[PDB]
Asks: 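For reference, this is Glucocorticoid receptor solved together with budesonide.
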Amino acid sequence: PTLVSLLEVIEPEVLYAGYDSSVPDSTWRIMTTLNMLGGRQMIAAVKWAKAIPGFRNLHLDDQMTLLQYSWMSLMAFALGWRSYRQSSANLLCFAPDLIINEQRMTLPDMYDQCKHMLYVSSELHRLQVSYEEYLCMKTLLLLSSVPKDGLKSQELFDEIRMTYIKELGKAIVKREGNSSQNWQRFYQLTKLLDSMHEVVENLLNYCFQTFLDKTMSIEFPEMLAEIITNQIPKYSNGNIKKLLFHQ
Amino acid sequence: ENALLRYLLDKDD
Ligand SMILES: CCC[C@@H]1O[C@@H]2C[C@H]3[C@@H]4CCC5=CC(=O)C=C[C@]5(C)[C@H]4[C@@H](O)C[C@]3(C)[C@]2(C(=O)CO)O1
């Protein structure tokens, strides 16, 4: 079996938010529901990471490190994909029962949070990203940041990361494809990968603010609260190296 | 401590 076919079979099942559409909407209600959904998506992301070939060979501390650094990148990218596949309209499809439409976008402070996530879906649409490219790109996002002083299994990590870069290359070549157009496409997809650091920076600013300001009464489930608590000191101590394809 | 994450990584599945 090919490497991309193994990434495909471990794709998590779509989760429902359990959002009651008969009750009126509010920004607070949507944010709260999404944090609970995020916690369940993150538990499924751990099971997913464990089945990625090579991931389990890294030191356990590195496995934890990579999931903690990349969690928001993984969530926003998968959301970008679901939004891109559902429609060609400017919609965020968090779950099949929780889609942020134009009427929902008009709720106080909905748009300023949603614009960074809408950028991901609009880019996947503009670049006409394939399912195989997507699968390779999402695994690369798990491998997109490391500690300032590196991982315990740094050498093995670099080898695994290079393998998934070559795997993204193989997905691009399937369309079908011109040598010059291949390098152009590789450049474009890696540029989108790089821009995920900027999308995530913007999303974490809202995430960290709503987690820390207890007077906002915005709840996060245990899975997300634990990751956020771990990550906030790492950002304040500059303990992060954001890997880039383009300098 | 990251109790939940370590548990999910160490448990079977
Ligand atoms: C429409 C409100 C957005 C506003 O923007 C912040 C970033 C949010 C996460 C983005 C990725 C994601 C994709 C999913 O499919 C399920 C859940 C999450 C992981 C999102 C949620 O947790 C809420 C979120 C953390 C956020 C917040 O600060 C609320 O406190 O909501």
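Alphabetical chain letters, starting from A, follow the order of the sequence lines given. Residue numbering in chain A adheres to the PDB entry, whereby the residues present occupy positions 530-776 in order. Since chain B takes its numbers from the PDB entry, the residues it shows come out as 741-753. Just follow the structure's listing: the first ligand is 1, and inside any ligand the first atom is 1.
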Asks: Find all other chains that place a heavy atom under 4.0 Å from budesonide (ligand 1).
Replies: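 Under 4.0 Å by non-hydrogen atoms: A.
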Asks: Under the 4.0 Å line, does any protein heavy atom show up next to atom 26 (C) of budesonide (ligand 1)?
Replies: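 No, there is none.
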Asks: Applying a heavy-atom cut-off of 4.0 Å, say which part of A:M571 lies close to budesonide (ligand 1): side chain, backbone, both or neither.
Replies: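 Neither; no heavy atom under 4.0 Å.
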Asks: Consider budesonide (ligand 1): state whether an atom of it lies below 4.0 angstrom from any non-hydrogen atom of A:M639.
Replies: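 Yes; A:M639 lies near enough to budesonide (ligand 1) that a heavy-atom distance drops under 4.0 Å.
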Asks: Could you tell me which atoms of budesonide (ligand 1), counted from 1 in the order shown, lie closer than 4.0 angstrom to a heavy atom of A:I747?
Replies: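 That gives atoms 30 (O) of budesonide (ligand 1).
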Asks: So is A:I629 close enough to budesonide (ligand 1), meaning a heavy atom under 4.0 angstrom away?
Replies: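 Distance cut 4.0 Å: A:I629 fails for budesonide (ligand 1).
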Asks: Which is it for A:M601 and budesonide (ligand 1) at heavy atoms under 4.0 Å: side chain, backbone, both or neither?
Replies: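 Contact part for A:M601 vs budesonide (ligand 1): side chain (C-beta onward).
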Asks: For budesonide (ligand 1), is any non-hydrogen atom under 4.0 Å from A:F740's backbone (N, CA, C, O), its side chain (CB onward), both, or neither?
Replies: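 Neither part.
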Asks: Heavy-atom distance from atom 20 (C) of budesonide (ligand 1) to the protein below 4.0 Å?
Replies: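 Flag for atom 20 (C) of budesonide (ligand 1) set to false, no protein heavy atom closer than 4.0 Å.
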Asks: What is the closest protein heavy atom to atom 17 (C) of budesonide (ligand 1), and at what distance does it sit?
Replies: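 The protein heavy atom lying closest is A:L563 O, 3.3 Å.
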Asks: Identify the closest protein heavy atom to atom 22 (O) of budesonide (ligand 1): which residue and atom is it, and at what distance?
Replies: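 Ranking protein heavy atoms by distance from atom 22 (O) of budesonide (ligand 1), first comes A:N564 OD1, 3.0 Å.
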Asks: Which of these, A:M646, A:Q570, A:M604, has its nearest heavy atom closest to atom 10 (C) of budesonide (ligand 1)?
Replies: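 Shortest heavy-atom distance from atom 10 (C) of budesonide (ligand 1): A:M646.
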Asks: Is the shortest N/O to N/O distance between A:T739 and budesonide (ligand 1) below 3.5 Å?
Replies: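 N/O-N/O distance under 3.5 Å: yes.
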Asks: Curious here: most residues of chain A touching budesonide (ligand 1), which UniProt domain are they in?
Replies: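 Per UniProt, it's NR LBD.
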Asks: My question is simple, although I want it checked carefully: is atom 8 (C) of budesonide (ligand 1) less than 4.0 angstrom from any protein heavy atom?
Replies: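 No, there is no protein heavy atom closer to it than 4.0 Å.
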Asks: Using a 4.0 Å cut-off to any heavy atom of A:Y735, which atoms of budesonide (ligand 1) qualify?
Replies: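 Contacts of budesonide (ligand 1) toward A:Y735, numbered from 1: 28 (O).
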Asks: For budesonide (ligand 1), note which part of A:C643 has a heavy atom under 4.0 Å away: side chain, backbone, both or neither.
Replies: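 It is the side chain that gets close, since no backbone atom is under 4.0 Å.
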Asks: With a 4.0 Å heavy-atom cut-off (strictly under), which part of A:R611 contacts budesonide (ligand 1): side chain, backbone, both or neither?
Replies: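 Answer for A:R611: side chain.
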Asks: With a cut-off of 4.0 Å on heavy-atom distances, which residues and nucleotides contact budesonide (ligand 1)?
Replies: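 Sure - by heavy atoms, that gives A:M560, A:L563, A:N564, A:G567, A:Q570, A:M601, A:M604, A:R611, A:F623, A:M639, A:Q642, A:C643, A:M646, A:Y735, A:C736, A:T739, A:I747, A:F749, A:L753.
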